[PDB]
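Presented below is an entry in which one can find methotrexate.
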Amino acid sequence: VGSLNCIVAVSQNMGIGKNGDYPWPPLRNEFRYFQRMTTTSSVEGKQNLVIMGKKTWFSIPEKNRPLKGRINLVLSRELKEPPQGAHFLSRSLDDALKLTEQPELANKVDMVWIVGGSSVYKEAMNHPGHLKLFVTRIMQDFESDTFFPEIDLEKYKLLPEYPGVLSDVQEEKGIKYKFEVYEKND
Ligand SMILES: NC(=O)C1=CN([C@@H]2O[C@H](COP(=O)(O)OP(=O)(O)OC[C@H]3O[C@@H](n4cnc5c(N)ncnc54)[C@H](OP(=O)(O)O)[C@@H]3O)[C@@H](O)[C@H]2O)C=CC1
Ligand SMILES: CN(Cc1cnc2nc(N)nc(N)c2n1)c1ccc(C(=O)N[C@@H](CCC(=O)O)C(=O)O)cc1
């Protein structure tokens, strides 16, 4: 019960993963940016909630699990309890959001960040209400086996700027990328 946002890093051909990992070499400032966006809460004494499907939870290195300073929720219909290190397990995105409204969490969470994977995004994308997409455009093609859903530009507007988000083209390990913010309201 705060903002609902999706954050993703996409190659030119819309890939986000390849054999359980992201397709390019590690980009430390892309990770630094992902960490600060998802960890920074807007209010005082609140923490943001991160929602992720199971394959995404297992692609984070064990040392980095759970993602520090955030409430980590995993989506799965197969698991019986949250994986080791996870704070909550939900069977569906609606239940994950119905949970935020439990007195439990109702007072602790600021923003909800959808961090993947593809089915998770596809659904938050069609979910109604106000939604922002924070897209990292990796400007090169990468062999992938999982993709980000098509952004409908009649519903999503690309913003010209956003506070805290660099506007220039970045480059790291010879890969250029840029940060984009899209907003919907329906
Ligand atoms: N570049 C980037 O930004 C990102 C890259 N990644 C990478 O992308 C790929 C992750 O892949 P993807 O296959 O899309 O995986 P998810 O992380 O979406 O895992 C899919 C599993 O999560 C559960 N799940 C997914 N959607 C839901 C739902 N709506 N309700 C309940 N359970 C759900 C199901 O678990 P079950 O079968 O147990 O029911 C499903 O088998 C990896 O390669 C990862 O490293 C991931 C995130 C962002
Ligand atoms: C598999 N993967 C998914 C992944 C990677 N890049 C992304 N980039 C963005 N922009 N959006 C995403 N949703 C995203 N997700 C991972 C892998 C590692 C960590 C992770 O270790 N993150 C640390 C960052 C520490 C660091 O490398 O600086 C954290 O505290 O956020 C996160 C996501």
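The PDB entry numbering applies to chain A: residues 1-186, in that order. Keep in mind that the numbers below use all heavy atoms, side chains included, and drop hydrogens, waters and symmetry copies. Every number for a ligand or one of its atoms is a count from 1 in the order of the listing. We read in the header that X-ray crystallography, 2.3 Å was used to get this structure.
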(Q) Can you tell me where to find methotrexate in the structure, every copy? (A) ligand 2
Q | Chief contact partner of methotrexate (ligand 2) - name in UniProt | A | Dihydrofolate reductase
Q.
Okay, next thing: residues with a heavy atom within 4.0 Å of methotrexate (ligand 2) - which are they?
A. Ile7, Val8, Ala9, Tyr22, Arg28, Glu30, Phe31, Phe34, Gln35, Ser59, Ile60, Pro61, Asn64, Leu67, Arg70, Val115, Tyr121, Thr136
Q) Which UniProt domain would you name for the part of chain A holding most residues in contact with methotrexate (ligand 2)? A) dhfr
Q: Name the UniProt NADP(+)-binding residues of chain A with a heavy atom closer than 4.0 Å to methotrexate (ligand 2).
A: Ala9, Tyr121
Q: Just jot down the methotrexate (ligand 2) atoms closer than 4.0 angstrom to any heavy atom of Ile7, in number order.
A: 10 (N), 11 (N), 12 (C), 13 (N)
Q: Kindly state if atom 3 (C) of methotrexate (ligand 2) has a protein heavy atom within a strict 4.0 Å cut-off, that is, under 4.0 Å?
A: no
Q: Would you mind checking which non-hydrogen protein atom is closest to atom 7 (C) of methotrexate (ligand 2), with the distance to 0.1 Å?
A: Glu30 OE1, 3.6 Å
Q) In terms of residue, atom name and distance, what is the protein heavy atom nearest to atom 22 (N) of methotrexate (ligand 2)? A) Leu67 CD2, 3.7 Å
Q.
Checking a contact table here: which protein heavy atom is nearest atom 33 (C) of methotrexate (ligand 2), and how many Å away?
A. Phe31 CE2, 4.0 Å
Q: Tell me which UniProt substrate-binding residues in chain A have a heavy atom less than 4.0 Å from methotrexate (ligand 2).
A: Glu30, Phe31, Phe34, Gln35, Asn64, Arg70
Q: Starting from atom 30 (O) of methotrexate (ligand 2), locate the nearest protein heavy atom and write down its residue, its atom name and how far away it is, to 0.1 Å.
A: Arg70 NH2, 2.7 Å
Q: Using distance alone, decide if methotrexate (ligand 2) has a nitrogen or oxygen within less than 3.5 Å of any nitrogen or oxygen in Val115.
A: yes
Q. For methotrexate (ligand 2), which atoms, with element, lie under 4.0 Å from some heavy atom of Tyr121?
A. 13 (N)
Q: Identify the organism of origin of chain A according to the PDB entry.
A: Homo sapiens
Q. Atom 1 (C) of methotrexate (ligand 2): which protein heavy atom is closest, and how many Å away?
A. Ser59 OG, 3.1 Å
Q | Enumerated methotrexate (ligand 2) atoms positioned under 4.0 Å from heavy atoms of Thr136 | A | 10 (N)
Q: Go through methotrexate (ligand 2) atom by atom and flag the ones less than 4.0 Å from a non-hydrogen atom of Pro61.
A: 18 (C)
Q | Residue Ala9 vicinity, atoms of methotrexate (ligand 2) by number, heavy atom under 4.0 Å | A | 8 (N), 9 (C), 10 (N), 11 (N)
Q. For atom 21 (O) of methotrexate (ligand 2), which protein heavy atom lies nearest, and how many Å away is it?
A. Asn64 ND2, 2.6 Å
Q.
As an exercise, identify every atom of methotrexate (ligand 2) less than 4.0 angstrom from a heavy atom of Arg28.
A. 27 (O)
